[PDB]
2 protein chains.
Amino acid sequence: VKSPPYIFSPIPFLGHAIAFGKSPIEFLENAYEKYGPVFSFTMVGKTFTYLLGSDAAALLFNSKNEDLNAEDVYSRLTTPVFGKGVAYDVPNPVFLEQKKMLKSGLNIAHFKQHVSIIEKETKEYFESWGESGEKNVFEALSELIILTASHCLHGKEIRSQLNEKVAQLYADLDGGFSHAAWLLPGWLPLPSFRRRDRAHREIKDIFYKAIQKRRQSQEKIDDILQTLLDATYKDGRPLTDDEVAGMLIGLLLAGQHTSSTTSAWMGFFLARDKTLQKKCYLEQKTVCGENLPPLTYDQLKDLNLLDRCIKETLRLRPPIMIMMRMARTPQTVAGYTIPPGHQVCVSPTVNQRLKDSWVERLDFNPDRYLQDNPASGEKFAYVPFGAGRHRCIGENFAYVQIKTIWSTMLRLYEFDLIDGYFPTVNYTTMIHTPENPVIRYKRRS
Amino acid sequence: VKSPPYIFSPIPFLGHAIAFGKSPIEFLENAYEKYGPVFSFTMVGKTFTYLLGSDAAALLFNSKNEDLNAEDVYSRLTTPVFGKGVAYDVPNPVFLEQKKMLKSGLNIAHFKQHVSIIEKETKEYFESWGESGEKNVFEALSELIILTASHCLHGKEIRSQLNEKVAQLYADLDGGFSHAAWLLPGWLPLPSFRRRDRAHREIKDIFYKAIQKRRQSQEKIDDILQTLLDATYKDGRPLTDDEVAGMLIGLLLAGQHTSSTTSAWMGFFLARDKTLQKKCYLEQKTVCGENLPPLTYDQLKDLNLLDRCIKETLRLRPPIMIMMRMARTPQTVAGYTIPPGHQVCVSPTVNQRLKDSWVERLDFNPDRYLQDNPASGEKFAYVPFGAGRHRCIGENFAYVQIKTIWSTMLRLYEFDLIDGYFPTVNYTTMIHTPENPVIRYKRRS
Ligand SMILES: OC[C@H]1O[C@@H]2O[C@H]3[C@H](O)[C@@H](O)[C@@H](O[C@H]4[C@H](O)[C@@H](O)[C@@H](O[C@H]5[C@H](O)[C@@H](O)[C@@H](O[C@H]6[C@H](O)[C@@H](O)[C@@H](O[C@H]7[C@H](O)[C@@H](O)[C@@H](O[C@H]8[C@H](O)[C@@H](O)[C@@H](O[C@H]1[C@H](O)[C@H]2O)O[C@@H]8CO)O[C@@H]7CO)O[C@@H]6CO)O[C@@H]5CO)O[C@@H]4CO)O[C@@H]3CO
Ligand SMILES: OC[C@H]1O[C@@H]2O[C@H]3[C@H](O)[C@@H](O)[C@@H](O[C@H]4[C@H](O)[C@@H](O)[C@@H](O[C@H]5[C@H](O)[C@@H](O)[C@@H](O[C@H]6[C@H](O)[C@@H](O)[C@@H](O[C@H]7[C@H](O)[C@@H](O)[C@@H](O[C@H]8[C@H](O)[C@@H](O)[C@@H](O[C@H]1[C@H](O)[C@H]2O)O[C@@H]8CO)O[C@@H]7CO)O[C@@H]6CO)O[C@@H]5CO)O[C@@H]4CO)O[C@@H]3CO
Ligand code: HEM
Ligand code: HEM
Ligand SMILES: Clc1ccc(CO[C@@H](Cn2ccnc2)c2ccc(Cl)cc2Cl)cc1
Ligand SMILES: Clc1ccc(CO[C@@H](Cn2ccnc2)c2ccc(Cl)cc2Cl)cc1
């Protein structure tokens with residue numbers, strides 16, 4: 001019995017909070033060099049054990065939630081935002097159920113409907129960018145995705161009510177996943193704490209009556225909202241209007257931030273690699289034809305390069321940069337015993353660019369998958385949607401949304417860096433944001 | 001007319017204070033990769049232009065003090081500590097004559113006195129270390145250097161006044177070389193500013209009566225103190241008591257911090273490379289005789305390996321990490337004009353470890369000089385003592401001190417790392433200080 005290498009720190013309480021805050025990826029890779037796949041360090045009077053590489057990460061992915069707990073760590077931030085009796089508020093077994101329900105709502109039939117829906121929103125949104133210029137993609141994209149994710153995941157009724165004042169109510173809920181909300185106790189009245197709660201009431205308010213306007217009209221609609229309203233536990237019990245509104249919040253935020261960032265990033269990887277951009281456009285005409293008809297689900301599958309570009313964006317810029325659990329009981333990896341109390345973490349970012357396995361690691365090269373790579377050679381080197389019990393459910397949908405949008409976009413414009421500036425990464429927010437994401441765009445010929 | 005490349009910061013007043021603060025070598029090397037030999041950034045209101053590599057740094061080394069000015073940057077820190085009328089308190093031509101007088105004292109005849117003085121001091125000091133154990137070398141060495149430096153640079157009388165309190169006064173003096181003291185204005189009543197001012201007045205006092213005593217008694221002693229007392233500007237004017245006492249302070253602070261740090265790291269480099277350490281010990285027998293008699297100045301020139309070990313230590317661990325100047329008139333390098341007002345900088349650390357010029361840059365290898373290297377091959381790739389109007393005058397004395405000390409130390413002990421630990425660098429204060437610099441030692445065979 002031996003516990004992980006511990007990284008001592010001179011600072012009394014902060015610990016590594018400043019160095020890790022600067023560049024977490026730099027911090028963690030160096031730590032990998034000095035100490036290996038398994039190490040501990042303290043930050044803000046908290047101890048963290050990291051697991052790097054596929055083998056060590058296996059601990060986290062394979063374990064049972066009674067052993068590595070996700071509520072113990074996520075709940076602080078989630079419950080105030082999403083709502084009571086949903087996500088990390090309920091026992092895991094109850095949550096597995098809520099997932100199985102949502103998952104059902106993400107099936108080919110619904111995606112088929114989504115493609116055109118998304119393609120419309122994209123075309124219409126960009127009517128105000130005209131023929132050329134230099135604008136903020138990340139800003140645009142997150143505005144559009146809030147629109148597309150809404151139409152798809154919240155149905156027509158709710159989407160038609162998305163104005164500026166609702167956009168703000170969501171933006172107030174973004175300010176819940178913060179530095180301060182994780183450490184400080186929920187009785188210190190920071191401005192954000194207050195707004196996060198205000199918007200939660202105001203938005204559940206909107207969902208409350210929008211639910212029932214569908215709970216009534218006999219107009220048979222087959223969408224995500226419908227699925228939820230019709231679904232049922234092993235109990236037989238249906239979801240209360242509270243539960244339903246709850247998981248509507250989860251759906252919008254999860255499905256909105258993770259796609260915007262990714263989409264936004266791919267824009268720059270594509271504008272930087274101009275030939276790779278043109279082969280993406282060429283692939284569009286090959287798979288869809290010169291006339292370029294509207295898009296259908298069936299065409300997406302044959303957009304292989306585009307798929308590998310998305311797979312490559314997610315490799316280098318995974319929206320979920322870290323994943324965490326509380327050790328409720330002692331766990332063993334690489335001969336080390338992690339003591340109950342440590343917060344265990346894995347970083348897809350580190351794993352997916354690790355030197356031992358990713359050849360030309362910092363290169364944006366979608367052709368890497370047409371070779372030998374750890375994404376197939378190994379179980380947990382490529383993990384942008386996680387693995388095991390806490391596995392993502394949105395991957396199908398996320399690919400649908402990003403695929404359609406970028407297809408449509410490559411059809412509308414050609415994109416270039418401004419003076420050859422490729423955005424750097426900001427860590428001020430959990431949200432993996434690109435520095436100064438303004439892009440040059442001219443009409444496609 | 002092109003100004004240097006500018007690295008932007010989002011953080012408003014601070015700038016890069018934290019990124020640079022935590023790892024300046026990393027920050028600067030990274031910068032060098034992205035931006036080139038010349039670039040600029042701002043920190044705490046101030047703007048810096050760094051000149052990395054032999055060619056960029058040539059601008060600073062060659063420049064006149066009218067154009068690139070030392071006083072403007074150094075004087076706030078310096079004058080309260082060394083005193084008025086000396087170093088940066090006076091016009092540069094005045095200071096050059098003082099450098100000249102200080103040089104005249106650092107000659108072969110005095111060095112021959114220093115050798116046996118240092119040897120005896122070292123043997124006496126380490127008696128308390130005993131046959132083996134685990135002590136903090138950096139403390140030991142700094143304690144010791146203070147005794148050897150005084151003995152050589154102040155003389156026998158002043159040395160015999162060196163008790164705990166006087167040592168404590170000198171430490172209050174260094175407190176003046178603070179992060180804080182360069183930034184915040186001098187009219188603030190911080191604890192350290194008071195400490196410094198008080199201890200300045202008390203050392204000056206000790207030096208006053210000491211100067212007057214030697215000025216009196218007719219015993220003819222030929223040391224450095226007397227060189228100063230017998231010295232004279234082109235004026236024909238002798239030094240006022242306050243001028244002598246001033247440079248005597250500057251002499252000990254200079255001759256102390258720089259040697260102690262260098263000897264500390266050398267210690268750890270030789271503890272890591274045991275086979276190198278052994279070769280150094282053998283050299284002592286080969287050069288000085290198997291009998292190992294008392295060290296002489298002539299023997300010092302012959303310890304070539306020990307020589308290159310010091311040189312190699314200075315390469316990786318120069319105690320003056322950065323040289324700085326204020327731009328008064330506009331200056332051009334690599335096609336860029338540094339606007340007046342910028343603080344122009346060179347890092348020896350960075351120049352001495354630069355990828356494109358050093359084979360195995362991070363490697364402690366004293367033999368690298370027996371091949372082809374930038375020390376001999378470029379002009380300014382190797383500059384631990386600087387170059388130009390502001391060149392160091394203390395190099396020879398510094399080698400004498402560090403040779404004699406390490407010669408005697410090797411004869412006394414075999415040194416080792418504790419549990420494989422090599423001290424990492426502590427940058428908080430600008431001096432390369434070793435983290436937890438405790439060494440294992442045992443009696444030499
Ligand atoms: O020896 C070099 C070491 O010295 C410096 O550390 C000082 C530091 O500045 C201060 O923070 C303070 O430390 C106090 C500390 O803050 C408190 O957390 C506590 O420490 C206890 C730990 O909480 C507890 O974990 C346990 O520690 C044991 C470890 O759990 C166990 O893993 C093992 O540790 C070994 C590591 O596994 C291994 O990696 C290696 O450690 C290297 C470090 O990673 C590296 O950072 C460095 O450490 C420096 C440090 O930078 C200095 O600031 O070098 C190490 C290379 O050897 O080796 C570790 C064992 O040496 O064993 C430890 C116990 O030995 O108990 C500790 C207390 O022992 O209280 C601390 C009060 O001292 O002071 C330290 C001491 O100099
Ligand atoms: O892509 C640009 C940039 O976007 C972000 O920057 C924002 C920043 O966070 C805010 O602080 C603010 O900027 C204010 C700034 O802080 C003030 O100093 C001032 O800026 C003026 C300068 O003081 C002045 O020097 C001059 O700048 C000219 C330079 O002198 C000249 O050398 C050249 O600069 C180019 C460099 O030579 C070249 O290396 C390259 O620099 C890269 C940066 O290092 C990199 O960080 C990135 O910057 C992002 C940044 O990360 C965001 O935070 O861009 C470069 C990569 O190519 O490029 C430089 C530009 O070509 O030219 C400039 C003139 O443009 O003028 C500026 C006034 O613009 O005022 C600012 C008040 O807004 O806002 C910015 C918003 O972008
Ligand atoms: C590119 C897009 C996305 C990426 C990269 C992504 C990533 C992830 C990751 C890494 C996890 C695991 C977290 C952990 O184990 O702690 C996860 C889980 C999850 N995701 Fe996503 N996600 C994306 C989009 C979505 C979408 C669109 C939805 C909803 C439709 C969604 C809903 C969920 C849910 C319900 C979980 C499970 C939480 C649990 O069981 O603890 N995600 N996702
Ligand atoms: C390990 C030993 C030493 C090293 C590495 C070292 C390094 C340096 C450097 C880099 C400079 C140039 C500063 C600049 O250009 O901004 C300098 C200058 C100087 N040093 Fe040293 N030094 C050492 C020892 C000494 C000693 C022992 C003395 C006293 C005998 C001394 C006295 C001086 C003086 C008077 C200057 C000139 C200041 C000026 O003209 O601006 N140094 N030294
Ligand atoms: Cl309906 C729903 C229910 C639960 C989640 C958990 O979402 C993830 C983020 N995420 C985004 C997309 N897929 C995952 C998450 C949220 C908050 C925290 Cl503190 C930690 C994590 Cl890992 C998401 C949607
Ligand atoms: Cl008598 C005497 C007079 C002047 C100096 C110059 O001292 C250097 C450090 N140093 C130490 C040994 N050789 C140089 C220095 C002093 C102050 C500042 Cl703010 C910055 C620097 Cl780089 C040294 C001795």
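Letters go in sequence order (proteins before strands), and every chain restarts at 1. Whatever order the structure lists ligands and atoms in, that order sets their numbers, starting from 1.
Going by contact count, the macromolecule most engaged with ligand 5 is what UniProt calls Lanosterol 14-alpha demethylase. Found at ligand 5 is the drug R-econazole. Other chains within heavy-atom reach of R-econazole (ligand 5), distance under 4.0 Å: A.
The PDB entry identifies the source organism of chain A as Homo sapiens. Residues contacting R-econazole (ligand 5) within 4.0 Å (heavy-atom distance) are A:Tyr74, A:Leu77, A:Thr78, A:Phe82, A:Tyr88, A:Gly250, A:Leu251, A:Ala254, A:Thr258, A:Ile320.
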